[PDB]
Each structure stands twice: as C-alpha cells, then as structure tokens.
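In this PDB entry you will find tiratricol.
Each sequence line gets a chain letter, starting at A and going down the list. To match the PDB entry, the residue numbers of chain A are left as they are there, and the shown ones run 211-460. Residues displayed in chain B correspond, in order, to the PDB entry positions 210-254, 261-460. What's counted below: heavy atoms across the whole structure, side chains too, no hydrogens, waters or symmetry copies. Note that ligands are numbered from 1 as they come in the structure, with each ligand's atoms numbered from 1 the same way.
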Amino acid sequence: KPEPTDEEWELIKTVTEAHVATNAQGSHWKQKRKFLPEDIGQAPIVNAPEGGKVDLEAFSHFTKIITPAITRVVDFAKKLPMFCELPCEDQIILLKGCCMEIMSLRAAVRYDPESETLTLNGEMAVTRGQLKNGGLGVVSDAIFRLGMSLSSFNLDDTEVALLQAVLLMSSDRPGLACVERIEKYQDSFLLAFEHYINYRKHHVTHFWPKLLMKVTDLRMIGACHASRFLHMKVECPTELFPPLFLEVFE
Amino acid sequence: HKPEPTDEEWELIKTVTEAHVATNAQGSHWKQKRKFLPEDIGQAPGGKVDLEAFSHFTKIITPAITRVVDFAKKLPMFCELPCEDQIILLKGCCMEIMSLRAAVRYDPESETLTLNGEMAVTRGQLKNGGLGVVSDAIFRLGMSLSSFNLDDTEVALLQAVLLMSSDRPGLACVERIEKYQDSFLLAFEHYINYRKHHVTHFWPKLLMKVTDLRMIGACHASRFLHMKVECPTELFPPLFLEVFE
Ligand SMILES: O=C(O)Cc1cc(I)c(Oc2ccc(O)c(I)c2)c(I)c1
Ligand SMILES: O=C(O)Cc1cc(I)c(Oc2ccc(O)c(I)c2)c(I)c1
Ligand SMILES: C=CC(=O)c1ccc(CCCCCC)cc1
Ligand SMILES: C=CC(=O)c1ccc(CCCCCC)cc1
C-alpha cells in the first residue's frame, strides 16, 4: 500500500494543524463537557397532528453556541493556502455548502456510546431526542447514526481534518467558477488522505470505500439541513436566529 | 516496545481461536444469511414478557448454549478439570460468552443484534422478549465494542478468560483454574500489542468490558426467575432450563 509522500506529509501537517487550531476543546472534551438538562428537549406528550414542531426552548440552547461553530469552519478553510487562492465568490459558495457537513462531522466524531449523546462544540452533550426536538428533526437521527458507524473507524485529527478538506473542496457546488481548480485541490486531499490511511493501518475491511460513503452521508445531512432550515424560519421567531446562522443558508 | 506473544502462546492462541471459530456462526459473513425478526413481533405499544417474542428466542437458545459447551471442550486446559468444576464454570459463563458473541455482532446501521448470526433483533424486541433491561446492557456493550474491532482471536481469548473464572461458587481447583486464566490473559495481553489498536487505553477499557459481561450474566440470572413465573414451561427448552438452574 502506497504511503504519503513528503509533499503530502507537508499538506497533511497544514490541514491537521488548521483543524486542531479550529477544533474546540482540543483538551479533553469528554471531561469538561456539560450535559444539557433532561427536561429540555423532551418528547411531546401530546405530539401535534402537524408532524412534530420545533422545541423553541431547546432550539434557543442550540443557536446560542452555533455562531462559534460556524466561524470556526471559516477559520479552518482560511488556514488552507489552496482555499485562499480561490475567488471570493467561490469561497462563499464552498463555505455555505460544507458548513453544516463539517459541523455534523465534528459532532459525529464526538459521539459517546456510554451516554449515547453528542458533544456539540465539545462542551454540550445532547441526546438524539434533544437534538431532534431542537430543530434538526430526522437530521438528528442521521448524524447520530453517522457517529455510531464512525466508532469502528477511530478517526484521528488528521483524518477528520482531511475529511473536512474533501468536504470543503466540492467542485460540484452551484455557481462555482473555478470548478476545475477546486477539483484539483480535492484530488490532492483525497490522494493524501488515502495514503495516510494506508500508513495508519486500520483494522477494518474496505476502510477507504466505507469512509467515502460517509462523505456521501454528510452530503445528505447537509442537504436535509437546508430543508430543515426552511421549517425553522416558519416555526422559529427571528429573535432566535444568530447573525451568521441565517446567512449560512440565505 | 510492548511484549508480543511467544511461540508457546501462539499455539495456545491458535487452539482457542479455532475452537471459537468452529463453535461460532461466521467464517462466511453473517449479514448475508441473517434475517430480521418481524417488526410486529416484540412490540411495546417493570414490564411483562412478550410470549411470542420469547418463543422466538428460546427456539434458537439451545444451539447457542451447546456451542459454548463445545467451545470449552475444545480447550485442553478445560478438559483437565473435574466434571463438577466444568459444570460450575459453564453455568457461570454461558450467558457471559453468549452475550459477548451477540454484542460483537452489533450493527450500527440497522441498530440490532444478530443472535446466532441468523436472527437480527432490536433493543425493544430483545427487551420485551424477556431480557428486560439486560437488553440495554448488552446493546450498550455492543456499541462500545465497535471501536475495538475485535477479531476472532480476541473474542476467543475473551471467552477463555470468562470461562476460567476461579471465583465461581463451589469450585474445587480454584488455583488450577486461576493459572489457566492468567495464561490466557498473558497471551491475550501479548496478542493485543501485536495487533496494535488505535484506541487509547485499549487494554484497560477492554478488561473493563469483562466486568460488564459479569454484571450482564448476573442480571440475567435474576431475569431468568421472572421468566419461570411469566413464561409457560412449554417455551423452556430442556437444556435452557438446566443451564440457568
Ligand atoms: O459539534 C460541533 O463542534 C459543531 C456543531 C454545533 C452545533 I450548535 C450543532 O447542532 C446544530 C446545527 C444546526 C442546527 O440548525 C441546530 I437546531 C443544531 C452540530 I449537529 C455541530
Ligand atoms: O448471538 C449469539 O450467537 C448467542 C445468543 C443467543 C441468544 I437466543 C441470545 O438471546 C437471549 C439470551 C438469554 C435469554 O434468556 C433470552 I429470552 C435471549 C443472545 I443475548 C445471544
Ligand atoms: C456563509 C459564510 C460567510 O459568508 C461568512 C461567515 C462568517 C465570516 C466571519 C466573520 C467574522 C465573524 C467573527 C469571527 C465570514 C464569512
Ligand atoms: C450447564 C451445562 C451442562 O451441564 C451441559 C449442557 C449441555 C450438554 C450437551 C448435551 C448433549 C445433548 C445435545 C445438545 C452438556 C452439559
């Protein structure tokens, strides 16, 4: 199995550092985290015939720490030379299209089977039900499943970073100008990623193929996020929408 | 570097591994032949046992039980123990090894456990099925074992350790058994350094799973008493009754 080249190790060091420099609570999150009160995000005893509405209370708790998560995704991308080479127009499109994907990933990787929750921003542990009633709905199930399936993969910072790099450089986003260039960047990240994986030596058959499918799951989650956001603008009042949160979809 | 298994330990590792493989339902992918228990079965509209769901479990309970016994008998160290000791050890690890085997077959995508490698069931089906909370304990164990990526050898060794529990009430060759367990832990410990898993504090956390399997085995004993009160005698296979006397 071909391992990463000197140049790729250089690239790997750039992404890993960029990710670690933007990944909250890089200093033990499962020790300083705080569990969201049980009473918050509790399944409705009545359940409206509509189809389940968004728990405005839980939603408030989620959006109160959403901005930092969004800005962090932007800082990560700006720490990558390749990204900084892209036009302003392209950068915005790529960020708005991978924002939720990368965040969902960051949360998924922080899945704790013992408490069966996700540590958002590495400080808030939420249950599958709390995140759902919080406004993500079925999306919560998608993210939780992802986290459960990623356990056996034991992804390190370099693999999560590279994963984020691949999600960031999506040349299939609508409106992109440097379609070709961006794809060259992605292929570079993918190549370095795969090579790094051979170096890591994971104990799981068809690791590479299975991981790529996860990129596909993130794409689905990101899309469902946009649709889920539409219901939020309908049920959730404006006062609960942070500055960057709304622009990420508008 | 960490110490790896010696030549003598490799042969022991070979024995236990082949013993487990010969008594386990895989070596051919259990996801290609497994079937899902009808959703309508084991539905939950303490708690009463779902007779129908129960019947489906005990219908394949004997095979699982007989395999654990076969596993132990394929181990020379076990055959050197008195009949009374063998009976004691088996009755004390049966559910332990069984739970372990079911846990390792956990499937995140379907969120179920493939019993005997042919019947997949949900947390609810197994709970109302008669295991109650024990079902949650087994599913929890299965979820925490994903990152461990245990191979047949590690599960086999794990079963060996559970088997050679010299603290079982009534045992006679307590020291001979203890000696056997350590030989497995040592070989297991060395094998672990060979594999080299990417899970921080792998060894410590795995050993802890052994303690969880201990609790699961105990909670099942008390759970079995509820079954002999709610479930009719017909649904109790002969070998199933004796094992958990
Ligand atoms: O875990 C991290 O670092 C990043 C992170 C932060 C948050 I707050 C988060 O939850 C969301 C996201 C969108 C949304 O509309 C709602 I309501 C909740 C997730 I998923 C991930
Ligand atoms: O999966 C395997 O190979 C072995 C296996 C087989 C069975 I059937 C099983 O379920 C049980 C066990 C005890 C009990 O009282 C009831 I009701 C159901 C489990 I957990 C594991
Ligand atoms: C959708 C993405 C954007 O347009 C976007 C969002 C946020 C930012 C960062 C602004 C500074 C925020 C304080 C750190 C830049 C661009
Ligand atoms: C509790 C364990 C036992 O005592 C035990 C259980 C089963 C067997 C196998 C008997 C063979 C009959 C066909 C399965 C032997 C011993």
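All copies of tiratricol taken together correspond to ligands 1 and 2. The chain with the most heavy-atom contacts to tiratricol (ligand 2) in this structure is named in UniProt as Thyroid hormone receptor beta. Other chains with a heavy-atom distance under 4.0 Å to tiratricol (ligand 2) are given as B.
Atom 11 (C) of tiratricol (ligand 2) has its nearest heavy-atom neighbour, among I312(B), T232(B), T273(B), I276(B), in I276(B).
For a threshold of 3.5 Å applied to N or O pairs, the pair formed by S314(B) and tiratricol (ligand 2) contains no separation below that value. Nearby ligands and ions of tiratricol (ligand 2), counting only those under 4.0 Å: none. The ligand atoms of tiratricol (ligand 2) that sit less than 4.0 angstrom from a heavy atom of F269(B) are 17 (I). When non-hydrogen atoms are compared, tiratricol (ligand 2) lies under 4.0 Å from neither the backbone nor the side chain of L328(B).
For chain B, the UniProt L-thyroxine-binding residues having a heavy atom under 4.0 Å from tiratricol (ligand 2) consist of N331(B), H435(B). Grouped by UniProt domain, residues of chain B touching tiratricol (ligand 2) are mostly found in NR LBD. Every atom of tiratricol (ligand 2) with a heavy atom of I353(B) under 4.0 Å away is listed here by number and element: 20 (I). Close contacts of tiratricol (ligand 2) with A317(B), meaning ligand atoms under 4.0 Å from a residue heavy atom, involve 1 (O), 21 (C).
Within the structure, tiratricol (ligand 2) lacks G345(B) among the residues with a heavy atom less than 4.0 angstrom away.
Of all protein heavy atoms, the one lying nearest to atom 8 (I) of tiratricol (ligand 2) is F272(B) O, 3.3 Å.
Residue contact annotation: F455(B) has a non-hydrogen atom under 4.0 Å from tiratricol (ligand 2). Nearest protein neighbour of atom 15 (O) of tiratricol (ligand 2), counting heavy atoms only, is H435(B) NE2, 2.8 Å. Residue nearest to atom 1 (O) of tiratricol (ligand 2), selected from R320(B), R438(B), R316(B), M442(B): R320(B) (by heavy-atom distance).
Atom 9 (C) of tiratricol (ligand 2) has its closest protein heavy atom at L330(B) CD1, 3.8 Å. Under a 4.0 Å criterion applied to the non-hydrogen atoms of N331(B), tiratricol (ligand 2) contributes the atoms 1 (O), 2 (C), 3 (O), 4 (C), 6 (C).
Closest heavy-atom approach to atom 5 (C) of tiratricol (ligand 2) within the set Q235(B), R282(B), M313(B), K274(B): this belongs to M313(B). Taking UniProt's list of 3,3',5-triiodo-L-thyronine-binding residues in chain B, a heavy atom lies under 4.0 Å from tiratricol (ligand 2) for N331(B), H435(B). Binding site of tiratricol (ligand 2), heavy atoms within 4.0 Å: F269(B), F272(B), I275(B), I276(B), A279(B), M310(B), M313(B), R316(B), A317(B), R320(B), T329(B), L330(B), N331(B), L346(B), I353(B), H435(B), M442(B), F455(B).
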With the criterion set at N/O pairs under 3.5 Å, what does the list of contacts between the protein and tiratricol (ligand 2) look like, atom names and distances included?
unit_1                : atom_1 : unit_2  : atom_2 : d
tiratricol (ligand 2) : 1 (O)  : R320(B) : NH1    : 2.8
tiratricol (ligand 2) : 1 (O)  : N331(B) : N      : 3.0
tiratricol (ligand 2) : 3 (O)  : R320(B) : NH1    : 3.0
tiratricol (ligand 2) : 3 (O)  : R320(B) : NH2    : 2.9
tiratricol (ligand 2) : 3 (O)  : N331(B) : N      : 3.2
tiratricol (ligand 2) : 15 (O) : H435(B) : NE2    : 2.8

